[PDB]
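Looking at a structure with 1-deoxynojirimycin today.
The chains carry the letters A, B, and so on, in the order of their sequence lines. Heads up, chain A uses the PDB entry numbers, so what you see runs 32-422. Just so it is clear, chain B uses the PDB entry numbers, and the residues here are 32-421, in order. We count ligands from 1, going down the list as the structure has it; atoms in each ligand are counted the same way. We read in the header that X-ray crystallography, 2.7 Å was used to get this structure. Every heavy atom of this structure was used, including side-chain atoms; hydrogens, water molecules and symmetry mates were not.
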Amino acid sequence: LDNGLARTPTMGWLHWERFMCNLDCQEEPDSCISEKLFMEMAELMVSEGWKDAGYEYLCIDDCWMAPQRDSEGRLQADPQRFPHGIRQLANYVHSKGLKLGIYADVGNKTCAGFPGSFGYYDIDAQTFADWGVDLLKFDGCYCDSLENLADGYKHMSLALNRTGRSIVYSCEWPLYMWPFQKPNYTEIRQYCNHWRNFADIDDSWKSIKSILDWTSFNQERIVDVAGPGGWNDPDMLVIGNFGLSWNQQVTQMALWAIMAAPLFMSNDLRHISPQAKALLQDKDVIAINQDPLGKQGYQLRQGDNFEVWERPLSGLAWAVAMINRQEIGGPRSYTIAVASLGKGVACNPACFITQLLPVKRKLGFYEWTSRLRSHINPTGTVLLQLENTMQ
Amino acid sequence: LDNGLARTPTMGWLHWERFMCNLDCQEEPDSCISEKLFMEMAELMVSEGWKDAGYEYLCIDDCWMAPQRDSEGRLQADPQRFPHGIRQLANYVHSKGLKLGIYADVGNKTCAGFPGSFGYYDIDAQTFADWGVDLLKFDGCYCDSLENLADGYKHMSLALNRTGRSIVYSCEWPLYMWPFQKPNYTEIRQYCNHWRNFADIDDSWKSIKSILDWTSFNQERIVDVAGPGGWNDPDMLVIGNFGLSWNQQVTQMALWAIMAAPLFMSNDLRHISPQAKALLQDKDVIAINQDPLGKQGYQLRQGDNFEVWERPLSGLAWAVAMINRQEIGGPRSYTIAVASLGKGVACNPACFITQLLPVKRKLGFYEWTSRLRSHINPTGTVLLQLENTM
Ligand SMILES: *[C@@H]1O[C@H](CO)[C@@H](O[C@@H]2O[C@H](CO)[C@@H](O[C@@H]3O[C@H](CO)[C@@H](O)[C@H](O[C@H]4O[C@H](CO)[C@@H](O)[C@H](O)[C@@H]4O)[C@@H]3O)[C@H](O)[C@H]2NC(C)=O)[C@H](O)[C@H]1NC(C)=O
Ligand SMILES: *[C@@H]1O[C@H](CO)[C@@H](O[C@@H]2O[C@H](CO)[C@@H](O)[C@H](O)[C@H]2NC(C)=O)[C@H](O)[C@H]1NC(C)=O
Ligand SMILES: *[C@@H]1O[C@H](CO)[C@@H](O[C@@H]2O[C@H](CO)[C@@H](O)[C@H](O)[C@H]2NC(C)=O)[C@H](O)[C@H]1NC(C)=O
Ligand SMILES: *[C@@H]1O[C@H](CO)[C@@H](O[C@@H]2O[C@H](CO)[C@@H](O)[C@H](O)[C@H]2NC(C)=O)[C@H](O)[C@H]1NC(C)=O
Ligand SMILES: OC[C@H]1NC[C@H](O)[C@@H](O)[C@@H]1O
Ligand SMILES: OC[C@H]1NC[C@H](O)[C@@H](O)[C@@H]1O
């Protein structure tokens, strides 16, 4: 989407995977979708260095609506859980130096069942723009035919542009189109800052595996569409929660940066391990995700329950991610000739390889002729940066 | 097995899951099955407080044999990876105040392919007893028919008793027998200090779930056989390794204590988080696994992606483990009336409930009439101890 926005992949936070559709403020106040929730997440992002890291978009997800619309025809917040309305939440958010994201649906209902945007595309867009929204997640539940999905998705893009406001439009167009026919990513790219590709994400090394595996499966179709202003969305960062071990949390971080995925944390910020914070806030690794060049990574090689990913970065740099898919035994050794790395460019005549994950460590120089040895942890990932030189 | 042994479930450590059958000492010396491996694990168990915790059995698994037997007769260690022989390893291990375990097979070959024990039952047994072995894992690969499995398993048990030596006999009888016919656990109990029931274990929350899920599935059949001298083995403690998150590692610890499973750590002791060390060495939680009464726990209730387990302990005590199987969102609330707990005994007229896991915390008194409230972590377990008034 030629809108000036998402020049690198959007970073921020999103309630869904951690807070889902909890609307019982009575017994579970500390996790119902209330303004205070975002009031508090926002408040933190600032004080805990999430902004300096580069997370900027506090994003509301599904389950913020009232039962129905006011009498014009406009979406409202919940009067109970959002007494102050979005108008003020926006104001507050902004004062913190952040941007606010919101949710709505292409259909007749959200995936939860609160009013859809259909028929109301023109009016929702403006309604949002009046509030001070800086992002939209546009979901695609409750849709008759592909024709409505397509026209609906497109029609919203136009209505947002018209408002006059810089609003990151994030779409789920392909995910929903998928089961019926291949999506025209070329065309999608035209209307959406970024698009959701596969199933929802869990707190499971299983779910992760299946995303990478499905992603890598049809990379031929998606890696190339990806660049400045339009990204492949493999869904939220779940690091900080419960489901993944350390090496699985690295694997997540590494491959999201490799894949040039947007980085949307979905977690209680108020209870997070030094572990994960420091991982989530890794300067070097955010860089790689955030590389100005904007070429998506891919799966170079595979087999022997090992996986090789790599991403080209600007300045003759390249990222190498090596995964170990054997769940059993110990650290396994895996080695390749740097001759096979970066299509053969980085490391001609030589490259400087420093390791970023699981721990930050310079490794020597590396002639064209040489091989890189390595011990990767079961279900973990080793993340290298290869630099050019000349020495 | 009426042998004076495993009066509470055996604790120690086992190479397999973490080190497997790595025999390449050239390129991976830090993890090949070498005496120095056991020399090192032993040395640590001592210094790191693993012994004081109650881990006592340093256990060699598969892949310690030579190509073939001496002439006699007898099984040998690898000349290269075990130059000093088991004789000496035993001696050393003992001097640390620990007990050595070894491995062999019912069949013609181990699961790897090194000589089986068949035909050699009488001689293997003695061989081991000469070496000073204190445990045997008897595996059941490479077996024609169930008859040989049965007779082979049994025959060994007698040969061991006869040696004259206290040797904890750990069998894999049921697991192999399964896929053909239900096992007679009554019978097995008679010959084995503990028995492996299900598939191997991985470094996966998957694998865990499936073990509990399979165990609770047929608890009818197995929970009652269990008690002093004969345990159900749900396979190794894998905490400390790579594959499980914290709340998954607690879930494992809690439910191993609930189940009255033996505690066999399989990990590199030389590189382990404070996290895991403290969890593996939890006094209170070992106690519950170690309760002298020795009744196995079971699944009280299930549904709503929540699971309630409970074990009765001596002295009107009971353990309650509540697991949360929803892998999404956050801490879920789950509650029941203490009236339902421990068949209705603990908490009549009242109980003291202190939480052990995830963090050790007293909770007040709990009248008969009261319900216990609780926020359990996704894939975690909350593990309580109920003391009845009284
Ligand atoms: C909605 O309507 C249109 C529909 O596409 C959209 O117009 C486009 O807006 C962008 C806004 O930047 C324009 O892109 C610019 O093109 C000119 C060159 O002619 C440059 O000034 C801009 O350069 C910036 O970005 C560069 C690209 O990487 C950077 O290198 C550089 O540093 C600059 O900062 C940018 O390329 C584009 O020309 C128009 N297209 C049209 C229709 O003419 C509009 O912005 C949208 N409006 C809203 C409110 O959503
Ligand atoms: C180990 O393998 C040998 C086969 O070489 C078994 O001995 C034979 O087993 C078959 C039964 O399937 C008998 O019919 C033969 O008479 C035996 N052959 C000989 C030459 O003695 C042996 O019992 C096997 N044992 C186990 C437990 O698998
Ligand atoms: C071999 O078998 C006998 C009988 O099962 C074991 O005897 C029991 O051993 C414990 C410890 O000696 C006693 O507490 C029980 O009272 C014994 N019961 C019987 C039947 O006498 C014996 O210990 C075993 N011996 C060895 C060394 O393996
Ligand atoms: C499983 O085997 C057990 C143990 O042998 C069987 O119980 C024995 O049965 C014999 C008669 O066949 C009795 O005389 C013994 O007293 C029993 N042993 C003991 C001490 O219990 C048992 O019947 C078998 N189980 C089933 C249900 O098939
Ligand atoms: O609630 C439905 C759900 N579909 C998929 C998205 O991840 C989520 O935010 C959206 O709200
Ligand atoms: O190969 C030996 C190996 N076979 C499978 C068993 O279950 C495992 O624990 C044993 O050590």
Name every ligand number or chain letter assigned to 1-deoxynojirimycin. ligands 5 and 6
What is the name, according to UniProt, of the chain making the most contacts with 1-deoxynojirimycin (ligand 6)? Alpha-galactosidase A
Counting only non-hydrogen atoms strictly under 4.0 Å, which other chains reach 1-deoxynojirimycin (ligand 6)? B
Name the UniProt substrate-binding residues of chain B with a heavy atom closer than 4.0 Å to 1-deoxynojirimycin (ligand 6). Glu203(B)
So what's the organism behind chain B, according to the entry? Homo sapiens
Okay, next thing: residues with a heavy atom within 4.0 Å of 1-deoxynojirimycin (ligand 6) - which are they? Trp47(B), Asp92(B), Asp93(B), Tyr134(B), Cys142(B), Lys168(B), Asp170(B), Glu203(B), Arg227(B), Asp231(B)
